[PDB]
Novice: 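The structure follows.
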Amino acid sequence: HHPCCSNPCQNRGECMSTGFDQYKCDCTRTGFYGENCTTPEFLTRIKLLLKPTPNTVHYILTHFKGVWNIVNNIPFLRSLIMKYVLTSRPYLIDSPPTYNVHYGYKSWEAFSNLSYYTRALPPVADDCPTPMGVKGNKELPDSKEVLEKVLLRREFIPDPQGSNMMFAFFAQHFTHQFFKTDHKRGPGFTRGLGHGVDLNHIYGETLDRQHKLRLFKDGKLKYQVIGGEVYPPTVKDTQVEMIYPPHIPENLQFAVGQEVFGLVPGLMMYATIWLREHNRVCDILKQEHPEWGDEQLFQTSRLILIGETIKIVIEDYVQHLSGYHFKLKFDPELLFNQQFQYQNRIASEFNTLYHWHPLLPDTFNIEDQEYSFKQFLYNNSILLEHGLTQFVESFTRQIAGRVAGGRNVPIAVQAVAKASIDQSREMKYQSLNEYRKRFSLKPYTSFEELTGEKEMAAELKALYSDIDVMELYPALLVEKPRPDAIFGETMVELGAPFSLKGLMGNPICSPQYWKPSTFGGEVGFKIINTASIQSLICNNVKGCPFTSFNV
Amino acid sequence: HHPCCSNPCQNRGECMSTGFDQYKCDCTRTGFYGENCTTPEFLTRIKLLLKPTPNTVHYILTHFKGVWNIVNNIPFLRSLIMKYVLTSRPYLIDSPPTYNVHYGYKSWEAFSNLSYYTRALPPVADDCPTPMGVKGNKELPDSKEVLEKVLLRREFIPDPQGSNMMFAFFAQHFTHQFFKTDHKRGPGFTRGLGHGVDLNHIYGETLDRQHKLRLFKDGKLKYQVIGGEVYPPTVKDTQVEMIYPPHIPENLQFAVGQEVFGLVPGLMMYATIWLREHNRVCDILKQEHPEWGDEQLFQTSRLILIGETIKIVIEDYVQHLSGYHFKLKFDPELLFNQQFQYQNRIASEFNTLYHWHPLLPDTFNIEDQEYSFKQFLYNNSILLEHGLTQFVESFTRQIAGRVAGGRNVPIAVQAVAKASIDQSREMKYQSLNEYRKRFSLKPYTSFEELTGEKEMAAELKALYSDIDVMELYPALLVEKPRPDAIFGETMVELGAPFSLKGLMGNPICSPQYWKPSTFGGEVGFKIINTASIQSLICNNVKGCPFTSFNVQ
Ligand code: COH
Ligand code: COH
Ligand SMILES: *[C@@H]1O[C@H](CO)[C@@H](O[C@@H]2O[C@H](CO)[C@@H](O[C@@H]3O[C@H](CO)[C@@H](O)[C@H](O)[C@@H]3O)[C@H](O)[C@H]2NC(C)=O)[C@H](O)[C@H]1NC(C)=O
Ligand SMILES: *[C@@H]1O[C@H](CO)[C@@H](O[C@@H]2O[C@H](CO)[C@@H](O)[C@H](O)[C@H]2NC(C)=O)[C@H](O)[C@H]1NC(C)=O
Ligand SMILES: CCCCCCCCO[C@@H]1O[C@H](CO)[C@@H](O)[C@H](O)[C@H]1O
Ligand SMILES: CCCCCCCCO[C@@H]1O[C@H](CO)[C@@H](O)[C@H](O)[C@H]1O
Ligand SMILES: C[C@H](C(=O)O)c1ccc(-c2ccccc2)c(F)c1
Ligand SMILES: C[C@H](C(=O)O)c1ccc(-c2ccccc2)c(F)c1
Ligand SMILES: *[C@@H]1O[C@H](CO)[C@@H](O)[C@H](O)[C@H]1NC(C)=O
Ligand SMILES: *[C@@H]1O[C@H](CO)[C@@H](O)[C@H](O)[C@H]1NC(C)=O
Ligand SMILES: *[C@@H]1O[C@H](CO)[C@@H](O)[C@H](O)[C@H]1NC(C)=O
Ligand SMILES: *[C@@H]1O[C@H](CO)[C@@H](O)[C@H](O)[C@H]1NC(C)=O
């Protein structure tokens, strides 16, 4: 079998077979040398001697609120800290991208083919004796057993950080512009060739789709007015293909950038809000530039909204889920004097860790109703009955479930959770501890160390037998959470590099793009830099309901 | 009309309409300010004074050989000098890219659509009064007149820098992997979606085409053996689409990565050489890695050949045409501590300046024969009859034509040269002086300053009237060349940023790629770092003939 099955190379060392039963570790620029890249250089010794654990770092950022309140009001200090954040995090990401599900070695096919999800770790070889390499049994435990014993939800466990349905649906809406698995090819393939924040879930992936959605007047998108309320156009009107069950009436088949947003009313809420925002920005640009044609108005509006999105994702979305008292800032200028690649490739592992199924509630409470999953799915008539204002008000005050901590995946979506396990195995993912070492984290020595308790830990120990073969995805959901937090250590320390790299790697953050002229002047520029989740709702939802990602 | 037609914004400032008859300049990080970004900041004002002209720098680089001889042998100095080159040159290129033929403002369409050539300067607005904006006559001079009066060859003018046919055919073969104009859409579009050195002219643009060219054994490419010599396979054998006249014999319809390389036996020479080189590297890798499969042997060989290409293009190709006494070096590490974007988008202007038609001779001299254009086109039997060895010996000895200086475009390719002017107007290029300012060059204040002579300058004066509306492409071919050189200032100062950007902007030059493991260990890595145009011919051509980009 393949000589590199045991994953012998440490500290980001590259493994290569040198014969049928021998290997060689490439230790170039790792700071280590030796057969297995384990002997540290002198400077490396000092660095590891001063490098604080992510847990101690998280402690500092989540305590001393008064001190942080002082720091946040010092523009120099605020910029200084945020600069370090935006540099150290994406450093853990290979850019240009390297491996994918078919290539455990670097190749031109892996690099050039945008249909692939890239891979932060190469897949386990096909001829390996055990599914994880050489450790563990001949087969992984039944995904159904892992599912039912430590993942499925008994009592609903609310998020202690206070995340609401606005957060949960925003996450689902935002991430599904770059998480679009090409299931015709397999789980390791994507339909989102933009590999980032291009807002294709609003404008469409292809140019044909975009043009069917556009009004070609004033740079706006097509829309319908129902009861004085602007909503997305229909499939019949645009001939834009959408995924709907055959029993869905023609009038309720809204056409949006993403082909699946019709299936969940929460997604359609944001789709309507963002469509309204695009046309709102067109109005603003038109009286700034009465000479501009339809095409430039549309294109400039898209760039502003892309900037709006990144602005909101960092200073509201990421600000909330991090729990830091420090005030995050979206400022591309911080990276102008640093080494940084303004490009991005979506990693399969980024996708897998973002399957936040425990976030979902048991019922969706709107106004005075409690819709089940069966009642909620495909049901856009719910959106029309209550309206966006009621949706925002209701979802702002409905709490979400805890992601980590185990046993909080709703039974309604158990098939999806089982698929995340099965497809991780299908794509030959490496073990949890391999991904922890990949991201500068200390491996777990026991299951009790992973869960932070005894009951679930014993369940897993009887399933996997070895902590070194524990799978990544079910680990993220049963991981011991940070104190009163929604996530555990692995989730944050893996997701943060992936996220920030995708956000800052956008070309509009490059210095040749980050100009007022890119966004039609200072006015359009200020739209991006003053954007927020509250303003997004206040501008586009009747009555300006209060909203946030907490309470 | 559009209030930015006159191009009022200077020093990389960005123009924007604010009304029907008002504009605004964005002077962000230009080093300048004021309405037109013309008032220099104090630091900028100092930099301008202390900055030596490109001609001054060219003099130093092409003189004091005794000093460069010392510099080239002091690894710290050589690297330091090379480190400056690799940092100063690509800095003039927008990366991530910006404009294209359809967008004179930044948009997500222009950034994301890889079917476009990108643009260093935005196109002239459609509603502008004159073709170049506001200056000049209502119409540009007749393209045919410009062609015949100052471009077409009267008598053959040899390149004083000594470039041979090996150089000219390498230029055409190499650059036609990223210059693949999609004429089904327009001249502003490309079929090379890789936008750089990916060797699709060897392996094919699509996976479907690649798999028809592959042997699927030992990682090798399919081939045929004719008279003991290894040649590319046929169209019939691989079902690979190639551009051939119907009357071409089946066995002579060679199938390679690029559809148009059957057009001329000079291109098929290099295609055959690179085909053999790939299968040679396969043999070496199969020896080092008996455990490896066909797919890994193929992919790793490709990365190595990409490395070889960038290595040769820098240290032999660019080294030759530069004329520098300084010894250029291909070392990705020089940028590891620098700010550099490992990405590239092929500019339409890079394409236009690379139309080095004057390089072509009146006849193609192989052995004792002198084939004409009509006899040479689509005639691979010449390649077979003489063999690669005689091809290399003959082409190493035959001189090439001077590109700059005017009147050296062969009549046989006059239609191509004319098309370069017509298409540049369709794509609405800005003037020569606009592209000179864009790349930190002083604008030509007269046609005589441009040509360095009087006869062509006078003709150009009667045709264009204004020097500020002189076109880019014909100016590159009539420009006063550097002393005994092949190019003029504008060709180098525009070409060097573009070239070096695409070369170092390759992913294999990135820290995560630049490792022995990437190329199958130390052995594959050594193939790259010792590659040369001589080694390429020596390993893959029978008899190992001496070869060079210079006749000497
Ligand atoms: C982050 C928040 C979030 C939420 C609120 C959410 C809410 C819901 C929801 C009803 C509200 C339903 C019916 C589903 C059901 C599904 N989810 Co999510 N999901 C979420 C995160 C994700 C992500 C991220 C993906 C990856 C998409 C992809 O293409 O793989 C995903 C994938 C899926 C899939 C595709 C299967 C797969 O590729 O594994 C289904 C089906 N699910 N989910
Ligand atoms: C760099 C050296 C070089 C040489 C030696 C050379 C020699 C020759 C040659 C020799 C027998 C022939 C028959 C042609 C003929 C052509 N040239 Co060139 N060309 C060269 C560089 C280019 C470039 C660069 C383009 C632009 C490609 C495009 O997409 O427009 C080009 C375009 C073309 C095209 C594309 C269609 C068109 O624009 O009309 C043809 C056909 N040609 N050329
Ligand atoms: C990159 O840009 C090019 C040029 O804009 C895009 O090609 C263009 O594609 C559109 C639609 O895909 C073509 O428009 C027309 O649509 C109508 C539909 O009613 C149809 O009847 C026409 O025959 C035509 O298809 C347009 O002609 C075409 N232009 C060119 C020059 O090919 C290309 O799609 C863009 N790339 C991506 C990935 O979107
Ligand atoms: C990226 O890779 C995919 C999968 O290897 C390629 O899709 C294959 O294309 C070939 C030839 O067109 C087909 O025979 C296969 O059936 C396809 N496989 C799948 C899973 O779809 C795709 O062509 C590659 N992308 C590019 C641009 O070449
Ligand atoms: C004597 C050593 C000179 C350095 C060798 C590389 C030549 C650098 O050339 C410089 O490049 C800059 C950007 O392209 C231009 O702005 C300068 O005008 C030019 O002098
Ligand atoms: C071989 C192709 C030559 C075509 C020339 C036709 C256009 C006439 O061009 C004239 O040719 C003369 C001699 O070259 C020059 O002295 C004139 O400056 C030029 O205008
Ligand atoms: C700001 C903070 C940080 O550590 O820098 C932080 C914390 C968490 C995330 C994060 C975002 C999405 C999924 C998982 C983690 C993130 F993207 C950034
Ligand atoms: C290395 C040297 C430089 O001045 O940096 C240099 C680099 C590139 C070119 C060059 C110019 C036009 C086409 C292809 C290459 C050139 F003519 C000179
Ligand atoms: C390297 O790793 C292999 C297997 O993981 C082990 O057998 C060997 O002893 C290690 N060598 C060193 C020097 O750590
Ligand atoms: C959809 O929601 C409406 C409430 O607006 C409800 O009356 C109806 O029964 C739902 N449909 C399904 C199939 O659950
Ligand atoms: C800017 O340029 C325009 C035309 O190019 C000119 O009329 C105007 O006087 C210039 N303004 C300044 C301050 O130089
Ligand atoms: C092709 O080249 C051969 C020499 O190998 C020559 O005899 C023949 O006439 C050429 N064909 C044409 C059509 O010119």
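Naming: A, B, ... by sequence-line order, numbering from 1 per chain. For ligands, and for the atoms within them, numbers begin at 1 and follow the listed sequence. Basis for what follows: all heavy atoms, side chains included, without hydrogens, waters or symmetry-related copies.
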Novice: Quick one: do you know the drug at ligand 8?
Specialist: flurbiprofen
Novice: What name does the PDB entry give to the macromolecule most in contact with flurbiprofen (ligand 8)?
Specialist: Prostaglandin G/H synthase 2
Novice: Can you point out the other chains with any heavy atom under 4.0 Å from flurbiprofen (ligand 8), by letter?
Specialist: B
Novice: Of the residues in chain B that UniProt says bind heme b, which have any non-hydrogen atom under 4.0 Å from flurbiprofen (ligand 8)?
Specialist: none
Novice: Which UniProt-defined active-site residue in chain B approaches flurbiprofen (ligand 8) most closely, and at what heavy-atom distance to 1 Å?
Specialist: B/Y354, 3 Å
Novice: Could you tell me which residues in chain B that UniProt says bind substrate have heavy atoms under 4.0 Å from flurbiprofen (ligand 8)?
Specialist: B/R89, B/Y324
Novice: Hi! What's sitting within 4.0 Å of flurbiprofen (ligand 8) if we only look at heavy atoms?
Specialist: B/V85, B/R89, B/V318, B/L321, B/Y324, B/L328, B/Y354, B/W356, B/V492, B/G495, B/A496, B/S499, B/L500
